[PDB]
Amino acid sequence: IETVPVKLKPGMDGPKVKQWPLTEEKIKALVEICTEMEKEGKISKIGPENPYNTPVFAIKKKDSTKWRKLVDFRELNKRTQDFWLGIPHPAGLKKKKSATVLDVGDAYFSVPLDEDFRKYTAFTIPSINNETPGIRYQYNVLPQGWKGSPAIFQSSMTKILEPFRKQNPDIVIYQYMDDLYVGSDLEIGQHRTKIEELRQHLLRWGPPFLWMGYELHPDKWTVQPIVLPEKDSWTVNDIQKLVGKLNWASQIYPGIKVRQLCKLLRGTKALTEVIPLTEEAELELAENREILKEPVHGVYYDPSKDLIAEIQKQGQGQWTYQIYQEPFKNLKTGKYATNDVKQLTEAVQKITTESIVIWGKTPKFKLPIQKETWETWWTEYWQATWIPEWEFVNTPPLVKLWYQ
Amino acid sequence: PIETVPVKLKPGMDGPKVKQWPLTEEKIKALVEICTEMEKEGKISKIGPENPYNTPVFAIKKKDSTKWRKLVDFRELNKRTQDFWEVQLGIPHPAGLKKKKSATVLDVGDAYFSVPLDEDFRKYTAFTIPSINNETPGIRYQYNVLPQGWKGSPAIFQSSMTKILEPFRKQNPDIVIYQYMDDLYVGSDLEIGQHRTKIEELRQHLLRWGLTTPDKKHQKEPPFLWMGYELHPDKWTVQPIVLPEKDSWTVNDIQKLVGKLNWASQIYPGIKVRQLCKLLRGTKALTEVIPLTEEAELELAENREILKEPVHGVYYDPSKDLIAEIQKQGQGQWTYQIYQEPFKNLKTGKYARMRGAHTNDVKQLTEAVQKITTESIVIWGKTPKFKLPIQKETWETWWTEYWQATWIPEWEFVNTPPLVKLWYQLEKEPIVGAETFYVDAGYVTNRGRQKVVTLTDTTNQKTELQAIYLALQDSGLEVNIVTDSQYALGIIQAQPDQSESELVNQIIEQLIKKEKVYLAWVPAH
Ligand SMILES: CC(C)=CCOc1cc(NC(=S)c2ccoc2C)ccc1Cl
């Protein structure tokens, strides 16, 4: 065929990312996988004259006994030239009742990759205990997970989807990297069939389900407003916890007043000493309570800014997240309810999927876990075909107190 | 022969153009002899004045012979040569290997010199042999093979060796080869002769591509001293470790010792360097002599005995499970040993890493578990079953309430004191009929009591902890403490049991003593 010349952002060089240690199981998997991709020429072994490197992982397919090879092309995509016709984000997707995700990465393996770019796709299969060189490869076809691949296949893609799109324009179809987000409002039963049909309508040209194969439901997604304790009697402690949370939240909703509540806190009373609430204080709480019933006004999403996400471990298998771009200016806030890591990763993928669906981009996460732990286990529970960017942090015991 | 690896200089750079230093008529003669032999062997080729490049060359006589050796300085070319994929930067840790009936190391003579160089790159490898008599000008050459001393030689060689070795490896899965620079290590479970036989097939296969190696007569035999180890076909150990009997020790001596002592830890259980390390405090020069403390000589002496008796780690049996066992060797000190057969140690080790100024044993033991896990995946590609001196109840209680996410593989509680526990827990709700202290350096209570102590040399954060300390100090067996310091709060809410700060340890002390403690935060002004 004809390969479309791709270039790195000006002046930039290729990635030389370290490969994180893999378990024999995952290593055995990747070997099996790559050996066949080689026979079929999707990949080729490389020489020492290639200094670049990208991390590969093996993850499980949900409801499939097969392994998926996952290449962390995050640094590569970052150094890859932007693309200059786009298929913008259908705001209509978030509203749809049901949405299913399909892995269409196999499509890319039918398009050749510009011979001069191939070197940058180098990745390595590590060897246990370094007893062997480590199998080195590079791509010849468009690789799954590279930002270029969807772009370069856009044409060939719109083509195969014009018929279903007009023969079924009640369905919204969004593509993001290796994923295809199919949305509708049909009955969950109708949905599954219209879906299956697109599967073969795709098989016709040359898609196992994603996110448990399972369903999604963007209509039922809502913000987790800041809440206050609604209790019988109010003790001194209760009130301090109250004022503290209030004060904190005042920075967002400046309409919150604490004056009357802070007045019940005069004197050095016994923390357990119950305090009946005055009339003024009673109205004050109520007003504050009204103000919090909804997300602060004025917060709009800026396509030119990063989408940030923070997660908090609440306990009992419960987490709290917030997606914003500017401090205190949340675009969204949510909740999520095995082991700590498994949960967290399911949550991350969940929040990412939402970001994609709502804005069409992945968030930059802040996780409450040590790097080595994450690096160690994330691939054991991961199922997405994309990888959000992430960093690690030390959650301040107060912020957690202020959520959920 | 071997497929050439295409090479290029770094973008926007030209080949080396550096003058040949002046040489002795003696050294010129030497080089010419050496270079002619090389040309006769095809390693290099005379070139025309068409080539503007040049890399210096000089003559050296290595330690033992009145014969001459040739050296070419490629510093410049190397600064100009493209980067390559890293040569094996990772190496096999002995405990990772599987034992073999026979092991054999094959030194690969004239490694690089047996591998062609990218035609298009040879031109940059140009050097010159000055002429003895002036009006009669010098010999120009370029390399045809991997130049010893060149940037890509190691990588390109490793690379080639692998392709060469592949076939053989396939026709001989019953054989294991570890490439390492110029040596080639080969193990098998073949009977002695059977093994010594294949060793000879190999050599042939290598010789097939010109690569030469030492004969059975002249080969190096196990144990293999490699990277500070002593490798036997069935067991391993760190090479020999002898401790000095000096009566006068300098910071430097002590540093070397602790360092060697550190090394040993991966195999000699119970080595301790805490007391030695202490000797380095306040030191002013590498040559400063520090006198040993009663406690430091005990340690040295104790270690000396440990090292006297050799120990040997066994190899990895991929058919059996991995068990990791961890013990608290002291505050901040943890020891572990990974074995498959009871006490049949593959490896052992310590852990002192204190992550954060404050911590508790549950947090640290957990981190220990992570370090071990990371280590294992690197060596055996799987995680070991853990034998831990902590009860799930304890673990779960801490886990469940800590803000950070954490996860420990499959572990089994082991009643091997000391057992790790939480020396205390903050009440989840304010305590009734327990006095309430409002601290800000001083406190005020619901019962009228107060103390406004004024500290000196104290930091802003350190003053906060003091108040709390005061409150704790003076209060009864149950206290309610109210602070506005989000710092102190986090510290204590983390429930440390050990700290670098004395102050913090004093409080912890108070905390362990109390019956119930409820700590709460409130906004300042
Ligand atoms: C790292 C190194 C010097 C290895 C050679 O020494 C030995 C290695 C093994 N066992 C293995 S699995 C083996 C044999 C060749 O290469 C490997 C990786 C056993 C005993 C010794 Cl003495």
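Each sequence line gets a chain letter, starting at A and going down the list. The numbers used for chain A are those of the PDB entry, and the residues that appear cover 5-88, 92-213, 225-355, 362-428, in sequence. Numbers in chain B track the PDB entry; the residues on display, in order, are 4-443, 455-539. Side chains are part of it too, since the values below use all heavy atoms of this structure and drop only hydrogens, waters and symmetry mates. Counting starts at 1 for both ligands and their atoms, following the listed order.
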query: Which of 3-deazauridine, S-rimantadine, UC-781, 4-methylumbelliferone, ARM210 is found at ligand 1?
result: UC-781
message: Trying to figure out what UC-781 (ligand 1) is stuck to here - the chain with the largest number of contacts. What's it called in the PDB entry?
response: Reverse transcriptase
query: What label does the PDB record give chain A?
result: Reverse transcriptase
